[PDB]
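Opening notes on tolcapone bound to transthyretin.
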Protein chains: 4
Amino acid sequence: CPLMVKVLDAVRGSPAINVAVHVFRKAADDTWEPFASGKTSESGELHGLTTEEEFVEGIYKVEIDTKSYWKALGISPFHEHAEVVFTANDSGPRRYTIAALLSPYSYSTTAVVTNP
Amino acid sequence: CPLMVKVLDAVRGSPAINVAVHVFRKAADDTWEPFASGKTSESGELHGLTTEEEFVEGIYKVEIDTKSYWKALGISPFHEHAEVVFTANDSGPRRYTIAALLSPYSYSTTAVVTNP
Amino acid sequence: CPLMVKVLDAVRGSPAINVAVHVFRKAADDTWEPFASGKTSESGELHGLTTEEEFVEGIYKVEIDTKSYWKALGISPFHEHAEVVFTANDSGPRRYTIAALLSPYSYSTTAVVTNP
Amino acid sequence: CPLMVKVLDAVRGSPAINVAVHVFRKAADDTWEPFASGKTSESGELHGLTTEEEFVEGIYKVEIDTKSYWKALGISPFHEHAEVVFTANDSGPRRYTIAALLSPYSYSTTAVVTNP
Ligand SMILES: Cc1ccc(C(=O)c2cc(O)c(O)c([N+](=O)[O-])c2)cc1
Ligand SMILES: Cc1ccc(C(=O)c2cc(O)c(O)c([N+](=O)[O-])c2)cc1
């Protein structure tokens, strides 16, 4: 439950379905190690990336392949991707929802962080 | 130049040009009194709505005709308009820029408030 | 299920809890008739406002009392409220989520509209 | 003036002043090559990063040091930075304005791309 990614389309007012998402964690030697990946479901959500026990303190990067999503709709968007980089679990375990709202020339992202 | 409105298009990545904007001030009977109006320029900006002397404290409404903008582009919009309601000049005269970033099914608005 | 309102706080990265929401529908004589109201729960969501059968075609207004939310946190925000006005069910019944992401001097809103 | 970056603060309702911004171009080996850098002015804008001749087609990254900005304000931020990655000049030279609207737990970015 501790990391969920949600992607919405601001053109159609819909979930953004089948969007690829890759998560990385920064290693002690400062490289980015692959951590998890998946694609958004029919609801625009990607669940099941990690576990409380695996999701230790660290700096995480979430890269959302927004360009492929728009190109499959015939659009050449501005951004190559949307990346979110954040320190997690620095004050103890938390649940993180990373949400992204997509348009061809803009995106917004927010974090909802809760303490279970 | 105490009040400026700027409108941007997140689909095209451009200013939102020729968008109609109406400004109201709340009357004592809580109805909306017409104040100023205009259309955005080629830069997406609308200047010259009021003066220092006329822009006194009060609650103001800015209505942006987003639906007409998207219809003119042949794109289906969700909202009937975008309205921004705010109390002006609470703590001395300010310069206000009201910016709106438009997508068909979402919009954002921010205020940039600087002290002359 | 057909109308849900969700409110998030972009300062704390959290649901916006206990936010008052009033919904209105435009009558045939062009006045706004109260339709439903409620406040957001612990998850930032407000469920149970209406039913498929009551939620007929029409122009609806959702007014979110963002100013009281910020004032209870000690903040004097820019906006008096966040209002969302939209035509619903014009092409047949749909489910609508109206989401608002709040900051003291900005807000975003999106609609997620699905066909059940 | 082909590239300008503008940063705004959604908490204060102001330009985000003195924000560090670094621009990179993707090298043939897929590493990021340093390109230009600066800090936002009192208007929240950063001008003068490049020239027409130097800003050739390529994939560019703009990294905005949002975490340092919020720490300087004494406000806890979520993100380590905000990055914008885009392919420039695909269809002839453009003027790009990259705007970012910052909150502690959310940010938005849009591109305003106009043709000289
Ligand atoms: C909510 C929101 C988000 C992004 C923009 C936005 O992209 C923008 C672009 C500009 O060139 C500009 O000059 C301003 N402004 O000063 O307010 C805003 C405008 C509104
Ligand atoms: C304008 C805007 C941008 C981002 C969010 C947003 O972060 C968000 C988060 C959720 O968990 C969620 O379920 C939804 N939703 O379905 O609408 C939106 C909400 C509003």
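Chain naming is simple here: A for the first sequence line, B for the second, and so on down. All chain A residue numbers match the PDB entry; in order, they span 10-125. Chain B is numbered as in the PDB entry; shown residues: 10-125, in order. Since chain C takes its numbers from the PDB entry, the residues it shows come out as 10-125. We number chain D the same way the PDB entry does; the residues here are 10-125, in that order. Each ligand, and each atom within it, is numbered from 1 in the order the structure gives. Just so you know, these numbers use all the heavy atoms, side chains as well, and skip hydrogens, waters and symmetry mates.
- The chains other than those of the drug that have a heavy atom under 4.0 Å from tolcapone (ligand 1) are B, D.
- Counting heavy atoms within 4.0 Å, the binding site of tolcapone (ligand 1) comprises B/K15, B/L17, B/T106, B/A108, B/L110, B/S117, B/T118, D/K15, D/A108, D/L110, D/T119.
- Near B/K15, meaning under 4.0 Å from any of its heavy atoms, are these atoms of tolcapone (ligand 1): 10 (C), 11 (O), 12 (C), 13 (O), 14 (C).
- With a heavy-atom cut-off of 4.0 Å, tolcapone (ligand 1) reaches these UniProt L-thyroxine-binding residues of chain B: B/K15, B/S117.
- Of all atoms in tolcapone (ligand 1), listed by their number and element, those nearer than 4.0 Å to a heavy atom of D/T119 are 6 (C), 7 (O).
- Of all atoms in tolcapone (ligand 1), numbered sequentially from 1 with element shown, those under 4.0 Å from a heavy atom of B/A108 are 17 (O), 19 (C), 20 (C).
- What sits closest to atom 5 (C) of tolcapone (ligand 1) on the protein, heavy atoms only, is B/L17 CD2, 4.2 Å.
- Heavy-atom contacts of B/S117 reach the following atoms of tolcapone (ligand 1): 1 (C) (cutoff under 4.0 Å).
- Less than 4.0 Å from tolcapone (ligand 1), one finds no other ligands or ions.
- Each of the following atoms of tolcapone (ligand 1) lies closer than 4.0 Å to a heavy atom of D/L110: 1 (C).
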